[PDB]
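Notes on a structure featuring ampicillin (open form).
The first sequence line is chain A, the next is chain B, and the lettering continues from there. Chain A is numbered as in the PDB entry; shown residues: 1-244, in order. In order, the residues displayed for chain B correspond to 1-244 in the PDB entry numbering, which applies throughout. Remember, it's 1-based here, ligands and their atoms both numbered in the order they're listed. Quick check of the header: X-ray crystallography, 2.4 Å.
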There are 2 protein chains.
Amino acid sequence: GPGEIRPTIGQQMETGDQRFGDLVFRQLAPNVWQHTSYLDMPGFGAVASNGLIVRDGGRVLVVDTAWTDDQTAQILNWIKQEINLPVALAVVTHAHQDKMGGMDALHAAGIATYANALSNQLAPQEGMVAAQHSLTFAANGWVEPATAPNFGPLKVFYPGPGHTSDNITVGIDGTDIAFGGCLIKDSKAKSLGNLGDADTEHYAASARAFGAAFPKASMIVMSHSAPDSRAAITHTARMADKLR
Amino acid sequence: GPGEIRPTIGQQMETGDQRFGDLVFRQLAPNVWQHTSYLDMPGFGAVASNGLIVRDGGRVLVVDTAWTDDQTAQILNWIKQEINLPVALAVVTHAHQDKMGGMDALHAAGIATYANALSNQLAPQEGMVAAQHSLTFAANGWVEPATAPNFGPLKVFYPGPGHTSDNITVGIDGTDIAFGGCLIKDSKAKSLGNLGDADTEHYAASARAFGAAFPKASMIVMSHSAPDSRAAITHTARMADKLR
Ligand SMILES: CC1(C)S[C@H]([C@H](NC(=O)[C@H](N)c2ccccc2)C(=O)O)N[C@H]1C(=O)O
Ligand SMILES: CC1(C)S[C@H]([C@H](NC(=O)[C@H](N)c2ccccc2)C(=O)O)N[C@H]1C(=O)O
Ligand SMILES: [Zn+2]
Ligand SMILES: [Zn+2]
Ligand SMILES: [Zn+2]
């Protein structure tokens, strides 16, 4: 492949990843893949956003869309061509473009979409389309089971306000993988990204709440970095400690 | 007859009020009273915090506690001596001291307490006792009625992040009264108060959502001001418009 996608922020390509259209796919587990799409900024470079694809028996579950509807449609085509299994549902982590930019692609494909109820409420103001179903959460952050039917190994957890007020996280039961979304940055991150809609008071405790909810997860997946160790949880929690 | 209680910030005592210990109670409707507690800090002065007391049939419903357990305990003494009806439940509008400082007094009295699930999640890190039950809200902002058992005329609505990420509002059916809490300031206020836990981006949209959820409320009740007209909603929303 003469000429590969090398973004300015986000992980770089390496053999073991599979370039598919404008996107990059990396297998993290026998049944878990990471999908990476790129937002080409006008004179700034590609901005990578990561999600996850999970095979649960005869169906496939998706975590987070791509930046655009087109890149999200390419994800579904990669699923049909490489896994050849229907997508049962998708769950998006919060109401920003890198997570809900491709809702129209999922809804055109007939896939049931789930999000935090606050995400569906904030999606109008963020220029996003809400998900079809709303997730609600208990007082300790765990999702109400009645609102997440047939989620399989997807264990959804709301850690509290951090990167946004509505950011949620997803642990993959039966694996050692947990997804932190835009709430967690890698262990060598220089900052905590876009603090525009961030909760600077509760960010630190929300990072640890995510780590305490999945204490056995050794691989942590985030939006704009290669999968890291639990030191990613630690680094951003102490980075957010400086926001006092 | 000289000498009353004089808050440093908050409404004065007007004719038609009634002092009862450290509090003052003002009747707003045949079955709706407003309670006001005072937090005095050595060297700064007293700050007033307003809540609501609703008589619905043969029971009393309380909205928000006082600053302290002791002040809250005097609220139920006022209910026992001025109404003498059982206090069915209590709903608190967000996890801050002026609205949740007296949770232990209600729990010791055998009163069922209700709060936004986010308020209960944030309660330990804000120094508050979490409520006994959690309220969840749909994407449109209205409370899921399965978690608000027998609230009577109380119409709970979550307008979105504003003063805090968890502030909720309450309307009283059969009256012209809706409670904005700390989200809405009076029509001649010069600031939005404490913005440390505030969502500067969605404050304006959350204030307007509160006004649209209770379009018949001609009398708006807030935390640190005498009740005002709907002009308080517009003045709060336009003040928050400059925050973006
Ligand atoms: C990639 C970033 C460094 S900025 C970015 C992201 N931004 C977007 O997806 C779009 N800029 C956007 C445009 C309009 C509305 C919402 C998002 C977000 O705020 O999560 N997240 C950052 C992050 O995840 O830390
Ligand atoms: C009048 C207040 C500055 S205090 C009140 C309340 N905030 C508090 O009680 C503070 N969290 C607080 C201040 C000093 C000491 C302890 C707590 C709220 O969030 O509605 N509303 C604020 C406001 O409307 O800006
Ligand atoms: Zn974001
Ligand atoms: Zn992001
Ligand atoms: Zn207040």
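The ligands or chains that make up ampicillin (open form) in this structure: ligands 1 and 2.
Within 4.5 Å of ampicillin (open form, ligand 1), most heavy-atom pairs belong to the chain that UniProt identifies as Metallo-beta-lactamase type 2. Going by heavy atoms, the other chains that come closer than 4.0 Å to ampicillin (open form, ligand 1) are A. The shell of residues around ampicillin (open form, ligand 1) (heavy atoms under 4.0 Å) is A:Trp67, A:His94, A:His96, A:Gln97, A:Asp98, A:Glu126, A:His163, A:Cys182, A:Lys185, A:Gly193, A:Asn194, A:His224. In this structure, the protein non-hydrogen atom closest to atom 8 (C) of ampicillin (open form, ligand 1) is A:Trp67 CZ3, 3.7 Å. In this structure, atom 11 (N) of ampicillin (open form, ligand 1) has no protein heavy-atom contact shorter than 4.0 Å. Source organism (PDB) for chain A: Klebsiella pneumoniae. Listed by number with element, the atoms of ampicillin (open form, ligand 1) under 4.0 Å from a non-hydrogen atom of A:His94 are 20 (O). Interface atoms of ampicillin (open form, ligand 1) facing A:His163, defined by a heavy-atom separation under 4.0 Å, are 18 (C), 19 (O), 20 (O), 23 (C), 24 (O), 25 (O). Of the protein's heavy atoms, A:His96 ND1, 2.8 Å lies nearest to atom 20 (O) of ampicillin (open form, ligand 1). Measured by heavy atoms, ampicillin (open form, ligand 1) lies under 4.0 Å from these UniProt substrate-binding residues of chain A: A:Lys185, A:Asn194. From the protein, the heavy atom lying nearest to atom 2 (C) of ampicillin (open form, ligand 1) is A:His224 NE2, 4.2 Å.
Within a heavy-atom distance under 4.0 Å, ampicillin (open form, ligand 1) reaches the following UniProt Zn(2+)-binding residues of chain A: A:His94, A:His96, A:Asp98, A:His163, A:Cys182, A:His224. Nearest protein heavy-atom neighbour of atom 4 (S) of ampicillin (open form, ligand 1): A:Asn194 CB, 3.5 Å. Nearest to atom 13 (C) of ampicillin (open form, ligand 1) among the protein's heavy atoms is A:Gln97 OE1, 3.7 Å.
Among the ligands and ions shown, the others lying under 4.0 Å from ampicillin (open form, ligand 1) are ligand 3 (zinc ion), ligand 4 (zinc ion).
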